Each structure stands twice: as C-alpha cells, then as structure tokens.
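Lab note: Beta-lactamase, avibactam (bound form) bound.
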Amino acid sequence: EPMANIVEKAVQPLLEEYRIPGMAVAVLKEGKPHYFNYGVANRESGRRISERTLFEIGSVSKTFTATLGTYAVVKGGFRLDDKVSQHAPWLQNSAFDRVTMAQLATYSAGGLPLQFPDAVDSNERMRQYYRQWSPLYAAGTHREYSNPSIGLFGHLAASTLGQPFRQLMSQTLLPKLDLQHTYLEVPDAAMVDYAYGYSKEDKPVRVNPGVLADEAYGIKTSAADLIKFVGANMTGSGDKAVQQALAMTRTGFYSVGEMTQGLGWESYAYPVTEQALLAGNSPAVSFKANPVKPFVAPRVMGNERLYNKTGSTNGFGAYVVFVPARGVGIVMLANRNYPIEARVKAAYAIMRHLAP
Ligand SMILES: *C(=O)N1C[C@H](NOS(=O)(=O)O)CC[C@H]1C(N)=O
C-alpha cells in the first residue's frame, strides 16, 4: 500500500468536491519529505503547483507567532505569567492588569472576539480598542479563539526585545529557522511563486493588510518550507535558543474536550480518534467561547501526541499535523478555502496509514 496511493485517495475527493485549483501536500516520514502536487497556482498563468509555490497559510501563522513569543521568553523579554500591562503601560487600569501574557496567547483573556471590529484600522484605534475592552469572562476561564488576542501577544512579545514584530520575525526568527521561502510580505523576486486564492465566488484573491495581520494570519510560505518548520518541531533546530523556543510551544495550559491548548499548536493524545480530532477543530470549539478544564500549572506536552493547526484566508485553506514520536508530519496547502472537516478527514486517513 504505497504512500502515493494513500495520498491520492485522501486528496482526490477534496479536489473534486471543492473544485480546488491547486494543492501542495508534503509528508515527512522516516526523516525525508515527500511532495505531492496538484493543479495550478493561478488559473491565468502556466505555472503548476509545486512544493515551492507560496500559499497564504492564514491562522497557521499563529504557530510562528507563538514561536517568536517563546523566543522572547527565552531571551528574557517577559515571563508567560506576567500581567499584560507590565509590557503595555498604555493598558494600566484596564482588563489587562489581570490578564497574563499566556492567556493572550491561549485565547483565554476573557472574551476577546474572533476579529477586531471593522472600525479598528489604525494603531491608535487598536490601542483604544484594548483600553476600552470590557471582559465577558474572568481571566483564564474561557477559550474564545481570537485574532486580537494572539495578535496582541505577538506585538507585545516583540516589543519586549525592542523590535517591531515584522522585524523580529523576518530578521531573527525565520533566518535562524533557516526558512528562506517564508514571508510576511512576498518580495518582488518571489512573486512568480505566489499563488492566487480562489474565493467561494470563484474569484482570484490575495490577502490585504489589516491590524495585527502579521501576527494572526499573515505568513506566506511553501509546502517545502512549512514541512521544514514541522521537522524543526519534531527533531529540532541547531540554534539553542530557537530550540528552547520551539520546545516551549508544547506548553499546555488547559483542555477543551480532548484538545489541549498550547502556544500556537493545539494537541491531542496519539493515538487519537477521528471523532476527537474533528470535534476539536469544529465550529463548536473554533467560533464559540468554551469554558476550559484548567491545568493546575502549565505543563509541557509530550511526544506521543498529535499537534495541529488550521488556517484560512479569502481563497486559501491550510492544515498542518504532526506526531513527534512517530516522525510523521503532514502539510496540506490549497488555494481554495474548503471545509475544515474535510481537511481533517483527509489528513487523518494519511496519518493512520503512516502511523498505524
Ligand atoms: C485563521 O486562519 N483565521 C482566524 C480563524 N481561524 O480559525 S480556523 O483555523 O478554525 O479557521 C478563522 C479564519 C481566519 C480568519 N478569517 O481570520
């Protein structure tokens, strides 16, 4: 039962039902990446999808943001249990005197919403938004997945090292991870590689700037670079501080059902049922506030576990999953924003074949 036939069997129903123009799949197994490419980057250009095509990975970006944050912890910028206002004096006498940096990163500050209100379109309006925000829940008790929440975490983390987020990401973290095809903004020389997204109206679309977009959803990368980042999260980085940063993202803070929330990555005990993996990625978890089952203290989660993250933009749909103990990772990048349940079912089938 060859890998190639397992991947085809899992992916073809996606390509068919969702009319996906282009998909790049990368599988890491036995210490080597394997690439499976389908379709086109741009319906109005000749270049086919390859493992070098750049896709918008949307909220998978939060795994990079989390790693920048833990890098700042390693470098002494802050501690995860610090109050947010320690690092943002403009938030003195706000909710953020009680919220911790870890709670921002884990969407548990107390009901920060999925998106900023549309009116928040500048740095000053962003600052005012956080100053004015009235919590819905006590700090730490509820998970409400939130771009403003992890966005502020990344912004403040970089500030503790005296740098803008984009600078620290592009000049320190990505180079130390040796990621040469990963961008917050795609440079001119790489534009030939940048796919277009295809919206639910079948129109070609690209992500536009937004408040804390870099932190929450802004990375463009290839399947080759993203599977390299997955590998770093399994067998490590040769940069000592980056390795400490990567390891620290495995810190779990609470659970919701069978899912444990870490920094960026969400994880499950492995073996994991398909039902549990679907539930943890479902709208009931992703787009509703859920009361958490708290941990007494944050806990490093282990190798015998499945780590994952979904992400989407207008016209793009990404999913990444890996099991460190098994040495298997899967990256699926598409230029259609197709259903998360379908991403999960396909990846689950591939994973069950490669880690029975
Ligand atoms: C992430 O890609 N963004 C935030 C949120 N992510 O939740 S998901 O991974 O379950 O899709 C919704 C989609 C997206 C966004 N529109 O900001």
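Residue numbers run from 1 in the order of the sequence given. These numbers come from the heavy atoms of this one structure, side chains and all, not from hydrogens, waters or symmetry mates. Whatever order the structure lists ligands and atoms in, that order sets their numbers, starting from 1.
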Starting from atom 11 (O) of avibactam (bound form, ligand 1), what is the nearest protein heavy atom, named by residue and atom, and what distance separates them? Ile340 CD1, 3.5 Å
Can you tell me which residue and heavy atom of the protein come closest to atom 8 (S) of avibactam (bound form, ligand 1), and the distance to 0.1 Å? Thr310 OG1, 3.5 Å
Can you help me find the covalent attachment of avibactam (bound form, ligand 1)? I need the residue and the atom. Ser59 OG
Counting heavy atoms only, which part of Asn147 comes closer than 4.0 Å to avibactam (bound form, ligand 1): side chain, backbone, both or neither? side chain
Distance filter under 4.0 Å to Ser286 heavy atoms, resulting avibactam (bound form, ligand 1) atoms: 10 (O)
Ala318, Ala213, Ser312, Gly210: member with heavy atom nearest to atom 13 (C) of avibactam (bound form, ligand 1): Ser312
At what distance is the nearest protein heavy atom to atom 15 (C) of avibactam (bound form, ligand 1), and which residue and atom is it? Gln115 NE2, 3.5 Å
What residue and heavy atom of the protein are closest to atom 12 (C) of avibactam (bound form, ligand 1), and at what distance? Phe287 CE2, 4.0 Å
Starting from atom 7 (O) of avibactam (bound form, ligand 1), find the nearest protein heavy-atom neighbour and note its residue, name and distance. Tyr145 CE2, 3.6 Å
Could you list the atoms of avibactam (bound form, ligand 1) found under 4.0 angstrom from a heavy atom of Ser59? 1 (C), 2 (O), 3 (N), 4 (C), 5 (C), 6 (N), 14 (C)
Pick one of side chain, backbone, both or neither for how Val60 approaches avibactam (bound form, ligand 1), counting any non-hydrogen atom pair under 4.0 Å. neither
At a 4.0 Å heavy-atom threshold, which residues contact avibactam (bound form, ligand 1)? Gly58, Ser59, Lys62, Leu114, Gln115, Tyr145, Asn147, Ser286, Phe287, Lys309, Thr310, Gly311, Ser312, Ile340
Return a table of N or O atom pairs, avibactam (bound form, ligand 1) on one side and protein on the other, at distances under 3.5 Å, rounded to 0.1 Å.
residue	atom	partner	partner atom	Å
avibactam (bound form, ligand 1)	2 (O)	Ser59	N	2.7
avibactam (bound form, ligand 1)	2 (O)	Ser59	OG	2.3
avibactam (bound form, ligand 1)	2 (O)	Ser312	N	2.8
avibactam (bound form, ligand 1)	2 (O)	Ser312	O	2.9
avibactam (bound form, ligand 1)	3 (N)	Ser59	OG	2.3
avibactam (bound form, ligand 1)	6 (N)	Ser59	OG	3.1
avibactam (bound form, ligand 1)	6 (N)	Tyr145	OH	3.4
avibactam (bound form, ligand 1)	9 (O)	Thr310	O	3.2
avibactam (bound form, ligand 1)	9 (O)	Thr310	OG1	2.6
avibactam (bound form, ligand 1)	10 (O)	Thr310	OG1	3.4
avibactam (bound form, ligand 1)	17 (O)	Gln115	NE2	2.9
avibactam (bound form, ligand 1)	17 (O)	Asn147	ND2	3.0

